[PDB]
Amino acid sequence: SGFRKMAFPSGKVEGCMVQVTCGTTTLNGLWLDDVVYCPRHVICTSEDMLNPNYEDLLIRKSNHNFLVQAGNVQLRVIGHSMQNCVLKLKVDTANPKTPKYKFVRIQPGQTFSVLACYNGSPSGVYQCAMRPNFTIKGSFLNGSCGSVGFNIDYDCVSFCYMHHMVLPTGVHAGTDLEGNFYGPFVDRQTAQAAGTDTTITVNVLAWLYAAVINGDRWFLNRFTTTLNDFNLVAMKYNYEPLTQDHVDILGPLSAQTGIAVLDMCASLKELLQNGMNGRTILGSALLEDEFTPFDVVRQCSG
Amino acid sequence: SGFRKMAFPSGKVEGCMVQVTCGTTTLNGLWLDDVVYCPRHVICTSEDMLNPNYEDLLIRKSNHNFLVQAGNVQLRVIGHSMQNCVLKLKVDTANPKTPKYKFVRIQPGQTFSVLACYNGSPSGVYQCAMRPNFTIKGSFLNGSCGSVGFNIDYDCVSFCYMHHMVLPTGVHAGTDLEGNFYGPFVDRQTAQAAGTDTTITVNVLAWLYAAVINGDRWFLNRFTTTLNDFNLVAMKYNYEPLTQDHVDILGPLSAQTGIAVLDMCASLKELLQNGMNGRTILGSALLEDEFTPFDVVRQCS
Ligand SMILES: Cn1cnc(Cn2c(=O)nc(Nc3cc4cn(C)nc4cc3Cl)n(Cc3cc(F)c(F)cc3F)c2=O)n1
Ligand SMILES: Cn1cnc(Cn2c(=O)nc(Nc3cc4cn(C)nc4cc3Cl)n(Cc3cc(F)c(F)cc3F)c2=O)n1
């Protein structure tokens, strides 16, 4: 009963957050075993941030230039290296709270939980989606650099995102935990635009199924459509194309509600062409695209 | 809008969640120090759930009838008592993960984080608001009974909600941690309708202040009002009247923006009487009512 943007419980990740400082530059790091992972931007002074040559900057650093604080306890740095845009500080102490974990690179349209942190201290948790243009529409303030995104399966934390920067439009850009940006961005303090964003079609369909499961059918209709004719209209409205794989992934929701995927597509086509006429769906005046089919299944199965 | 529902980090509460079972009836409990708190509904068999006699059901129970588990580890029950609709099970082990904590009873409009739990295992976290009709629009499945809602202020967890039941409209009802229901609900498996809901005026005002902070201020008018005049008008539009405490919690936002609370009330009154005429506020044609003044200060600062 009900449907809400829901994040994973953050406790396994809270025990991994630390603060990293180089000179006066400071941000958040992630302490797993005897390594702290953080954005390499921490090595920049305010002057360096505008145009950093990171290999040149890092070679001039010593271990003692890195102050790592876990709560109030300082962790001694005994080695350091850089993997793409992630700095890896080897410390002399293993984190006793290290969960089972994996580093993964997520696909556009997939969701994850973000633990927003400031000065190494967790502040809030929420769910986000990787946009098709590889930005995220997060909620982050100054000092959030190094906050991480993750999913939890059983007791295994799959880390997928490390926050780096806010773009001029107010959307956010970051890397995987191997230090590779999602999207065409670079870790430099210069104005950066993203590519044109598009709407995650398979997610909108999942959310319409969530609405039906929760008792609202006002937007359904008796029209049906082929996959190709739906995709023609979707693309006209800057929606991502729907693949047969997406149709299959929606199968369980179609089975549960008795609404064929292509019948839901005909509903979405009418919503795009007619608008919502001031009505709402699951309390929203806009078509929501940040719930995956699995997000819906886990909250509405039964 | 840039604003979104953000939950508190849940780790401090995850370490307190346990499972409580009586026979086959099972739900979640909250382990603080050497006491486990859970809905007393756990003492009902399937046939007792419709019309339970809790005093009779409890006198027939002994300590050894309660199965309390942290994961698969059993915590021995050494005492039991009932406080309103909450059972308190004294256990032989003090929880080493107990945070600094308080039990509080919140007002409608206040928000809190829910840690949804199943079989004593935390599953997800989300923010909710207490509606004026004393329900929450949560997301809960079977097995969620006993999940808790909370706020965290400076290492201290203030527990404010314990989930009991789903109502016919799919909204949710529960108690404070002293076992007193929010609203006119009782802990029995009967259909209980929620009353008509209203819009949380203090939170809409907070949302308008958030818009002003972000430079979206077209709706500010040249008028002011009295609190009494505004309250009488607001109720005609299914909005809650403001209390003196509401005026005071808007203090910081009023000082930050330089917009007097009563001036903002007059601006809101014009939106109610005239609509928004095709414009938006924070990119939305809907006035959001589930962000408190504290939530706005938290996401903006
Ligand atoms: C509003 N907002 C939303 N997300 C963010 C993230 N973010 C950040 O927290 N900090 C950044 N610059 C820093 C300044 C510092 C000043 N001191 C004393 N220490 C500092 C540390 C940092 Cl990281 N930035 C900007 C930014 C960060 C990068 F990692 C990058 F590659 C380019 C950038 F322009 C930032 O966006 N703020
Ligand atoms: C869909 N949904 C949304 N919220 C809820 C919460 N909820 C719940 O999890 N369980 C309930 N009844 C139980 C049945 C059991 C079967 N076994 C084997 N064990 C059980 C334990 C419980 Cl608690 N209920 C119903 C309910 C629970 C109460 F505490 C109450 F006072 C009245 C009620 F009608 C329930 O709503 N489900």
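Chain A corresponds to the first sequence line; subsequent lines are lettered B, C, and so forth. Per the PDB entry, chain A residues shown: 1-302, in order. Quick note: numbers on chain B are straight from the PDB entry, i.e. 1-301, in order. Just follow the structure's listing: the first ligand is 1, and inside any ligand the first atom is 1.
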**Student:** Looking at ligand 2, which of telacebec, otilonium bromide, ensitrelvir, plerixafor, saracatinib is present there?
**Tutor:**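 The one found there is ensitrelvir.
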**Student:** Could you tell me the main partner of ensitrelvir (ligand 2) here, using whatever name UniProt has for it?
**Tutor:** 3C-like proteinase nsp5
**Student:** By chain letter, which other chains contact ensitrelvir (ligand 2) with heavy atoms under 4.0 Å?
**Tutor:** A, B
**Student:** Quick one: look at B:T24 and ensitrelvir (ligand 2), take heavy-atom pairs under 4.0 Å, and tell me if it's side chain, backbone, both or neither.
**Tutor:**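 Under 4.0 Å from ensitrelvir (ligand 2), B:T24 contributes backbone atoms alone.
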**Student:** Which organism is cited as the source of chain B in this PDB entry?
**Tutor:**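 In the entry, the organism is Severe acute respiratory syndrome coronavirus 2.
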**Student:** Please work out, at 4.0 Å between heavy atoms, whether the side chain, the backbone, both, or neither of B:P39 comes within that distance of ensitrelvir (ligand 2).
**Tutor:**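 Under 4.0 Å from ensitrelvir (ligand 2), B:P39 contributes no heavy atoms.
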**Student:** Please work out, at 4.0 Å between heavy atoms, whether the side chain, the backbone, both, or neither of B:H163 comes within that distance of ensitrelvir (ligand 2).
**Tutor:** side chain
**Student:** Using a 4.0 Å heavy-atom cut-off, which part of B:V42 comes near ensitrelvir (ligand 2): side chain, backbone, both, or neither?
**Tutor:** neither
**Student:** Working on this structure - any idea which UniProt domain of chain B most of the contacts with ensitrelvir (ligand 2) come from?
**Tutor:**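 That's UniProt domain Peptidase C30.
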**Student:** For ensitrelvir (ligand 2), note which part of B:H41 has a heavy atom under 4.0 Å away: side chain, backbone, both or neither.
**Tutor:**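 B:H41 to ensitrelvir (ligand 2): side-chain contact only, backbone stays beyond 4.0 Å.
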**Student:** What residues sit within 4.0 Å of ensitrelvir (ligand 2), counting only heavy atoms?
**Tutor:**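 The heavy-atom contacts are A:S1, B:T24, B:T25, B:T26, B:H41, B:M49, B:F140, B:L141, B:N142, B:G143, B:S144, B:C145, B:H163, B:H164, B:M165, B:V166, B:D187, B:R188, B:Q189.
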